[PDB]
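So you know, we letter chains A, B, ... as the sequences are listed, proteins then strands, and number each from 1. Side chains included, hydrogens not; waters and symmetry mates left out as well; all remaining heavy atoms used. Displayed portion only: the contact tally does not extend beyond what is shown. Whatever order the structure lists them in is the order used to number ligands and atoms, beginning at 1.
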Amino acid sequence: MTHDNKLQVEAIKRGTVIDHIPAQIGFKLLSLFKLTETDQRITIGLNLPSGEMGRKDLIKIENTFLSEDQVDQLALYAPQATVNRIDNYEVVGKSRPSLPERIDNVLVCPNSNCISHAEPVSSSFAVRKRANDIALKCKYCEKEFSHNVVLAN
Amino acid sequence: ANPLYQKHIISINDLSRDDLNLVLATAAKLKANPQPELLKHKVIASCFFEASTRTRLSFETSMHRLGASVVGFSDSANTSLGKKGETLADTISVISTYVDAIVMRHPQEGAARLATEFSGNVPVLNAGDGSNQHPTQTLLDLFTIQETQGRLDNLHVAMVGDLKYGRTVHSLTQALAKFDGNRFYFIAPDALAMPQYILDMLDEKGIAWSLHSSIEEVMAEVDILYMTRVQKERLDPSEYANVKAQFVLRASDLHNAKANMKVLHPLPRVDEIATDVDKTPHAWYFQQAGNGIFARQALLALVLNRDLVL
Amino acid sequence: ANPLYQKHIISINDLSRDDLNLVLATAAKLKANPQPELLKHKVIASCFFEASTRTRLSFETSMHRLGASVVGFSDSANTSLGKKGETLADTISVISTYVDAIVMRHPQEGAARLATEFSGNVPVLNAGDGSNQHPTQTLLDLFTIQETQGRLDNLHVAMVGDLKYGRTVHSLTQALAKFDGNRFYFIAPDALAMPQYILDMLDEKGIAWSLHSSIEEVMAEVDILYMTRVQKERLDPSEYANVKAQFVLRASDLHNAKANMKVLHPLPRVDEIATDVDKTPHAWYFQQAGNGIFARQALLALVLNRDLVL
Amino acid sequence: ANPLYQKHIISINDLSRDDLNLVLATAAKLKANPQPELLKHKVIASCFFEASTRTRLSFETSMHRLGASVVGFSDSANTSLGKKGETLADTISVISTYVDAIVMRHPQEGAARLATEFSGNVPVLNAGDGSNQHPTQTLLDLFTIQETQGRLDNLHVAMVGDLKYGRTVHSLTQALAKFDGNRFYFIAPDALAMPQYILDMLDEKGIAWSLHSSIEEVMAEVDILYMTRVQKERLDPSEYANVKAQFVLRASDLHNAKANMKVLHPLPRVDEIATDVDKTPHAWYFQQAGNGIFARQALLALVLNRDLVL
Amino acid sequence: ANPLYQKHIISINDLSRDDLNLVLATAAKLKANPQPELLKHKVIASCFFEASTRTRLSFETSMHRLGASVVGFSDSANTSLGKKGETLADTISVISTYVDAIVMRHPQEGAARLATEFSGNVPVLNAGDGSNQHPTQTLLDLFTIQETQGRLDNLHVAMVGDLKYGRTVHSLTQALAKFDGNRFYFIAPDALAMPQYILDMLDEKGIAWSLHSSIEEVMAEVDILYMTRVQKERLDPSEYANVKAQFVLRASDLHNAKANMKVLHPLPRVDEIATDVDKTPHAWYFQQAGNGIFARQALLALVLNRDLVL
Ligand SMILES: N[C@@H](CN(O)N=O)C(=O)O
Ligand SMILES: N[C@@H](CN(O)N=O)C(=O)O
Ligand SMILES: N[C@@H](CN(O)N=O)C(=O)O
Ligand SMILES: N[C@@H](CN(O)N=O)C(=O)O
Ligand SMILES: [Zn+2]
């Protein structure tokens, strides 16, 4: 055995960790991405001290990695959040959430007449960045809204 | 005796400033001291050619609170209605021989005014005629503003929602424009903006008005926040949702509101006012609806009883 | 003043033994000496969200016999009903500002209790809410048994028909179980037997009950024969007919009945009681229905009038 | 095989200029030389979840003209589909085991695309999904323009009527914007103007377009006059009348029109084009409709028969 | 000719094991080698007096796959049949002079048999007559079981859901009881258990059957898991929920299932089988549905074409 402590408050090991999550956005990610459906250990901390003047959420989930087309999926919710792979810093590029070309399974089409609502299909929206806005086009009805619309309803 | 005795109540525009004051004064008096036998031996017809349960029950309750009797029909496709044969004229010429007053709701604009030419000294009260008039709705609105703000002049009025088709706001705007120093704030999606003919009227009288995109732009100065219903059918589903933004109201939005502000709504508020608003002291749409009994009791009292009450 | 003044009448189970006695005593008093002006200046709402002509007319007649006024709707798809938009809550919050009491029939279980949380000091009387409660139906039943048998204790009660879905018999059983020494006889096709939760209750109180396949097994000891309606849709046509046997009643079956027995039925008796029964002295379903006026006049009297009557 | 073989035909946007050219090429060919046995042993499902007779008769006629067999329905309460909670997904998973191709028309916007995910190997042709796409309508329009103008590039196209909701003109505008040198003229009341997202697209491709209040304003330059339907339910009855003004075409308006101009209309024209126009050489809406057969035949041939036509 | 030539196909009970074998044999053959021109110059009547889209589309598709012509209707108020007192007898006497075969679906239990007595020489295929018989549904089920299990004898069959009213499972149970060594597992709520007359039959043939409360109780032994539809209208809304419990299948329940097991369902499954099951290799309800084409093709071929297939 080489692991070395009994820490129930803040530890480390072969696991991914998302950094600098805005307040009230940490639990959102846990739900939206069912990050607790794991069997692997998970350590989260919310509303904790930030960059010397705010509040933030923190998610540490052991024995599991994230990919490129996944970390990115955090872009729309946790933009300036960093993701340090932690098998022991075997991270390479400055891993920061960029805007994915498509966002599936989480968003809900604002269009009430959209076929996606009463059917066994996954939501799917195309992403386009706008000045002061973000356009999401539904794969199904082909209607385009702003993320501000899609995140309220 | 009184100015409105035996008169037809068809359009809010046929009502002079004094008429509005008289109706409102009477409404307050009946509210403070009920007169359950005032219309004791009167028989009134509640003719809803077009079904309208809420305003119908409001109108009928008013009748009973004054002691009058009621006959009628919400011929919403459930009466031996003139099989698209018998004219409204003939219907009225018959009904006007049975009762002492006719309260009617109709799908076509002008119905109540037409009834007026066939009724016999029998007064007709318009309960709504298509997209034209709804006199008593403006009266309860005016009455509710007066009671809550203590006056109808020098107020800051915001109107949110469908200003293009919500004829209740057209009437309420024209009624409040009969009072001095009122300030208006119009908040609506560009596809449902206030009609230019309304703005023309306000400019003609030097009344101050302006357009805004969100309620939080004016929440600070508003005395009355009149919320309008927006029927999705007026736009396409994707369009509605897109604009839906903030044109809906929720408790968090009232953080900087004036202590005296009241939020009003004709009803059918399902899609505009979140229920977490109901608890705030600003919510006054249910009280507003409750004032319909008084404003409509007042009209019936004035038109059917020569002498003033209280 | 009285225990039920201004109280909501929603579930027969919220009614204590004394409440039942009070209602029944009041009903008898009003039956012996009418009070046509007791609710003179009251205005009551008859809201049948679900059409129910018989109980509606019974309820409304009760209102008029006490002098009260009535507004309402049997919005059985013929009112500007909230286009599946406006909540029942909002409907009640509006209506509770117009009237003094709300009598409502609704398709969903819990409707009346929900109205209770939105009405304002305005009492709500449940005229039936889905498959849950029908308080006044149990009251008229209880009242009819008391009048004909002279008491509600130490009786032999047979209940025939659909005991599984006939919620009127569930309520009546639980109400009679609030009295001592009652004996029950349950006669029903096995597919529509009394629910075990009901039998559990009776065992819990040591009340004597038993199952029988035909009415002629117990006709000799029965004081009250409560006939239930059996809707064929509850079973398939071939099934219904197959069991139909004797679960229907006809004059010949009453040869050995006790002089004091009364045959009761909620109505819609079309398929259960042959007309050759109507003439016997045991037939009492039409008198039973007639007692609805008294039991419901009694509730209205108690909830809207502080002091007891007679 | 051909580029469209076994391909789903859901959105016009998914169609490349190449694709459009191939479909139009095939259409001309079948028109010149019919092939009645091309799809002899094929069975096609004509699934109109939402009724639309003309489009349905045009589509099915196309299937027969190619020799295919047809089965289907019109879910307008004519069938027993999805009563309680039966999904479109399951419907497709079933029907896709019966037929060689599914032609569907549905009230919801992404129906055809969804069908695509549950029809394994069976091609789905969108006959219209709510306010979204209608591929074949656009193809028949382009075919008509090409056949009457001899090309699809460098033309003067005028589009009149309800340009805001007419998704027919949105799809046609985008289709034509895939060809070069076209100039557009948009004639519509302010409340129903071409959407900004469409103009944005034209700008970014550097395509010329201008707005006009009347047809006569550009009648002299136009090669194609696309007349659209203006639904009454859209605006206010009085609104309509006030604007219908000239967004209505009459024979008199064609005095100075180009010899080659053709007047097109999606079809239901009752309230937009006066019958006196029907006689002029410019009226081409019935011919346009007739072309639906060739465009739709071409599409079916392409997805169901490996090699090109001849 | 073949044993079923020109024979009416009304009840599964009238079908001998020999008959079932012949139908299933033909079905496999046509499936392997389609014969699109077999019934070329035949015209078949598709008479759905009671609507049923899927069954109708499956049946008509079968007719086309064999090359026959089809005419018919869906009497769901879509036609002008038997307005006042026009009998089914007369309808058949008429239609039987037009076509070579009648496929009918009717709300009343002995419709197809009656049709048989007025159709002189024209064969009638029962597509469903009320709660009685549905021959082709059973044939497609047996075919599916045979094709996936390689036999119809010595299997472990589980039937879940509404075994009391699902006449689909009554017919299938009886069909399988004509083969040897089958063991049955009946899973259903007490109020919807397999009927005693069915168990009586199994006993007298010495067939093994047992009752179980949950699927997991026998999931390990089952070769065929027949899931049935549980109609909401059956029990009480609260009743349903309390029992739906696990008479619902979820992917999770298949952890220890036999590699060869197939999950079948008459089809409308919305409220019984979770979509996550659709991915497992055991889901065979859509394939089952797809087999309706071959079983129904085989039946039509047999009654309309003298010699056996090939
Ligand atoms: N708003 C309805 C009437 N109603 O019942 N309102 O509650 C109408 O305008 O027809
Ligand atoms: N029994 C009916 C009401 N009614 O009219 N009874 O006579 C119901 O329950 O809806
Ligand atoms: N397709 C049209 C109807 N129509 O004109 N069919 O030819 C609709 O569904 O609105
Ligand atoms: N045959 C079914 C409807 N259905 O699902 N048709 O595919 C019925 O009539 O109940
Ligand atoms: Zn969508």
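Among S-rimantadine, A77 1726, 4-phenylbutyrate, BMS-564929, L-alanosine, the molecule seen at ligand 1 is L-alanosine.
The macromolecule with the greatest number of heavy-atom pairs within 4.5 Å of L-alanosine (ligand 1) is, in UniProt, named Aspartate carbamoyltransferase catalytic subunit. For L-alanosine (ligand 1), the other chains with a heavy atom below 4.0 Å are labelled B, C.
Contacts of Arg56(B) with L-alanosine (ligand 1), taken as heavy-atom pairs under 4.0 Å, are absent altogether.
At a 3.5 angstrom cut-off on N or O pairs, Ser80(C) counts as close to L-alanosine (ligand 1). Nearest protein heavy-atom contact of atom 3 (C) of L-alanosine (ligand 1) is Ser52(B) OG, 2.3 Å.
In terms of protein heavy-atom proximity, atom 9 (O) of L-alanosine (ligand 1) is nearest to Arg105(B) NH2, 2.9 Å. Within a heavy-atom distance under 4.0 Å, L-alanosine (ligand 1) reaches no UniProt L-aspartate-binding residue of chain B. Heavy-atom distances between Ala51(B) and L-alanosine (ligand 1) reach below 4.0 Å in at least one pair. Under a heavy-atom cut-off of 4.0 Å from L-alanosine (ligand 1), the UniProt carbamoyl phosphate-binding residues of chain B that qualify: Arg54(B), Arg105(B). Given atom 6 (N) of L-alanosine (ligand 1), the protein heavy atom at minimum distance is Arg54(B) CB, 3.2 Å. Considering backbone and side-chain atoms together, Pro268(B) places no N or O closer than 3.5 Å to any N or O of L-alanosine (ligand 1).
The shortest N or O to N or O distance between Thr53(B) and L-alanosine (ligand 1) is below 3.5 Å. Site of L-alanosine (ligand 1) with heavy atoms closer than 4.0 Å: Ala51(B), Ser52(B), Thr53(B), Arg54(B), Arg105(B), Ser80(C).
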